[PDB]
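Chain A uses the PDB entry numbers throughout; the residues present, in order, are 29-132, 141-542, 555-829, 845-911, 972-1078. Not the full deposit; the contacts listed refer only to the portion displayed. In each ligand, atom 1 is the first atom listed, and ligand 1 is the first ligand listed. FYI, side chains are in, hydrogens and waters are out, and symmetry mates aren't considered; it's all heavy atoms of this structure. Method of determination (from the header): electron microscopy, 3.1 Å.
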Amino acid sequence: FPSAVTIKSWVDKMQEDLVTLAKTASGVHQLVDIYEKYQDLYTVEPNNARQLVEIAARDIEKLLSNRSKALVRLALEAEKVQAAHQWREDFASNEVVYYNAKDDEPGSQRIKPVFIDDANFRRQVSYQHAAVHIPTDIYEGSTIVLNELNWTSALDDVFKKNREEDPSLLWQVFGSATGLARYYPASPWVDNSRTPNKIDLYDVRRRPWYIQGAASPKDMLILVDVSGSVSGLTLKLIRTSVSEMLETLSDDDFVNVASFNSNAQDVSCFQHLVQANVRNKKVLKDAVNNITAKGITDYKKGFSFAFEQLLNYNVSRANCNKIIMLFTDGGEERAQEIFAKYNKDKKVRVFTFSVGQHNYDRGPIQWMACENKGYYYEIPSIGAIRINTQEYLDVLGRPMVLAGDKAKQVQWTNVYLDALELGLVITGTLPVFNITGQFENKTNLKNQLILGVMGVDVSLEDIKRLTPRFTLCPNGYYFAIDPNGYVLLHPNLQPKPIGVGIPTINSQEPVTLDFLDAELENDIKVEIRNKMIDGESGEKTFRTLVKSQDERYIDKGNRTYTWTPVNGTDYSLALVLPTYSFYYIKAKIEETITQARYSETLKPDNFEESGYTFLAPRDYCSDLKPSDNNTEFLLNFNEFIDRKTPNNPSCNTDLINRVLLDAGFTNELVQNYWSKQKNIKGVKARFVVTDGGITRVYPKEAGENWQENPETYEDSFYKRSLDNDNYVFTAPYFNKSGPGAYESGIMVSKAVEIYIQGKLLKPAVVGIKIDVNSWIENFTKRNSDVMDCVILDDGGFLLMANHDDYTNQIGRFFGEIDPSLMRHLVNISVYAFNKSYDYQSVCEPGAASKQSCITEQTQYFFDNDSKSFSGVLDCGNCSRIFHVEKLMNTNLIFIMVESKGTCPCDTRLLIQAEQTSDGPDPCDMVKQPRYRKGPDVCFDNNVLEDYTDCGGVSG
Ligand SMILES: *[C@@H]1O[C@H](CO)[C@@H](O)[C@H](O)[C@H]1NC(C)=O
Ligand SMILES: *[C@@H]1O[C@H](CO)[C@@H](O)[C@H](O)[C@H]1NC(C)=O
Ligand SMILES: NCC1(CC(=O)O)CCCCC1
Ligand SMILES: [Ca+2]
Ligand code: NA
């Protein structure tokens, strides 16, 4: 084995050759000189984080206030119209005229719309009437529905006025308590190719934006009868009913499921109330779908357990509605002592359900439902499950109605996918009360229930339009959260459902992504989250690990967080801004000739002498649309520049001027430096990616192999080389599909830095692609049999070797071609690994299309800053020798080891690719939960409530 001095000399020579080639071919110094030469076509402007955060929060507050005004006006008009309405049953003679969706009878006339095409809504809509959706099980000929249409036909004028006030208005909707939902503008309902599995089961009374406004958060505890007398069809009905009941809960509600058969016990691992999010609800459903019926019944022990679990106060709760929902069939036990012991003051409601078809006594069940301020329900078949499990929100809404005026508060819901194919939206909510005979105080019996719920939608793209990012760098961004910790805005939130567990095969759920799951978790992150949840203002500068856009690299970077609360609402907004992005360049190019030249630069027929130009698809104009092809997008851009005046009445001037300035600088670089040395031996392509959104590859034929995102803010190598302070080598993918490795080369990148007035700016990155053949020629200058020589980057991705068998698989993770060496050096502190979870992932349904899944990812990086390593790879029965050695000014390492053949010891390979996992364990996250702050306004237990109408004594 050669000594360490010769190894150091070899590594020094290789580093010198590689770094010299990259530096001379790229042109970092030339680009920096070109940037600094003018200093008169642009101006440096600061990015004051606090002012930007305050302005964005103010804009968001103003938008939400506008939506709240619209909701209040709609609710007032609806209440006033419903108050003065005459009941009638003569709909045969006089008909109600309305347009119905999901179509194509006496008393109803239908309307044929025009359905023009609109750009905001991604479908065809009409602005002359409001569509009406009536669920399948609701017959549109009944007198209740006819009266509903008759008195709701007055909302169209206020809808039109609302849309005239703010043309950017999205869907407006009134969901009635009778089942029908009237929305504006008119548009046909949804259908998917009329497949047999495309039945419309939509019911507005079950939508979360309706439930969150129909009542207040609760502390439900589902008590399930699992005695022997319930086995059969009724047990299956009970399981389905419990699942449907759990489907009505949200994040603000807390729930647990218990069972009793001569003994009361929990149904799962929780043992107490849990926040009832997607994971906990999935656990509860899976636990309740595995219960068996046996033993005698004992209501006293079960109710004692249910009351005991509601008096904990040692855990996180809601303290707003303690309700016990019993699911049973029948019995003869009333258990007066338990109710007189645990609630003399009727502080806990008891709802009772009799499930199945049987001949058991239902008297004591109704007595339990009527004594406590509860209700009694019957579920004899699967058909009644949908309706007879969402009716408890009428009982829970009586105190809110009795409170009345002080309960008219606009609430905003979670982020969810619109059912009419609009993306990610949030819905405002305001209930409407029934005030007929209010000035005479006559009935006050049917006035304890709400007419319905009104809603208005705001798209997340409207939120993103209020937080511009192109004055920042590719590493700075906004993000906002709600007091539950979930994310309202983030670059890592995608229009996909949240995955739960491993998908096993034989828009209903919300998109709830926590802040600590959209990024890498850290103690400072936890402190910042807890501090901004409580509506504080702060700023914190620290150092943290950042994952690359392509989930294979992790780099250490300095970050700064600045968070303020959004006034009026309950959201908090932050702004992550790296230290080198406190200043930006604005273009002061106000002159015809220079702009004309910089625009002529982009002509597609100049690519011979200007490289293969790309262009980021940005909103440069209102009339310009991102074409997603970039071959005609640049043509449209050139046409607009050629014909439209540079005044830009409807277009940003800053973005256009920035693009022109970057085009001029990049063309100067290409024409003055790259074009001189046309052919370089080891270089296959020379590229440059700028901040304004222009990327260039000099050999026009090399552009066809440039498979990079035209949006320079989405290029992983751009961000990676901005974070690092040296040359960055990017490893090609293993095989995928398409040219690579030998065809393309190896990408080396370096960011340019300028000090124009003592201020650090990084406005571009450049680099080259290296031919594999010449690199191998200079590496051997072997296919040996007793010595292995490999080169890896920070990440363990093989870039070159000497066996000519490793070099065929270039870019593959080194832990799959030589497991023992990688495992050994992963604990010599030369490599460190981070494991994280991704929830918005799709996996092939395994051997239990695609389904949502959770994928665990692992990334590797250099742990200890030591330039040399040594030791012996004693695997047992042999002893290999290795001299791992890093390279300077580069993220590469050089390894020389004994051949694998000499040691028969074979170990298991370790994989860096994502693994379809099922964790983390939910039974542990509830013992030490995160920090949350629930709502304070709670409406319950009003003494004027009648509650004389239970479900038993009336029949
Ligand atoms: C709210 O509405 C008013 C009137 O249309 C408008 O001036 C204001 O700009 C709107 N809010 C925002 C954030 O645009
Ligand atoms: C509002 O209350 C009155 C009086 O009890 C009742 O007749 C009417 O049906 C209620 N409104 C609706 C839409 O049910
Ligand atoms: N946002 C509410 C919708 C879909 C939903 O209920 O999620 C129904 C009414 C009209 C707009 C769409
Ligand atoms: Ca029983
Ligand atoms: Na909320």
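The PDB lists the drug found at ligand 3 under the name gabapentin. Going by the PDB entry, the chain with the most contacts to gabapentin (ligand 3) here is Voltage-dependent calcium channel subunit alpha-2/delta-1.
With the cut-off at 4.0 Å and only heavy atoms counted, the binding site of gabapentin (ligand 3) comes to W207, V209, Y219, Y238, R243, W245, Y452, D454, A455, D493.
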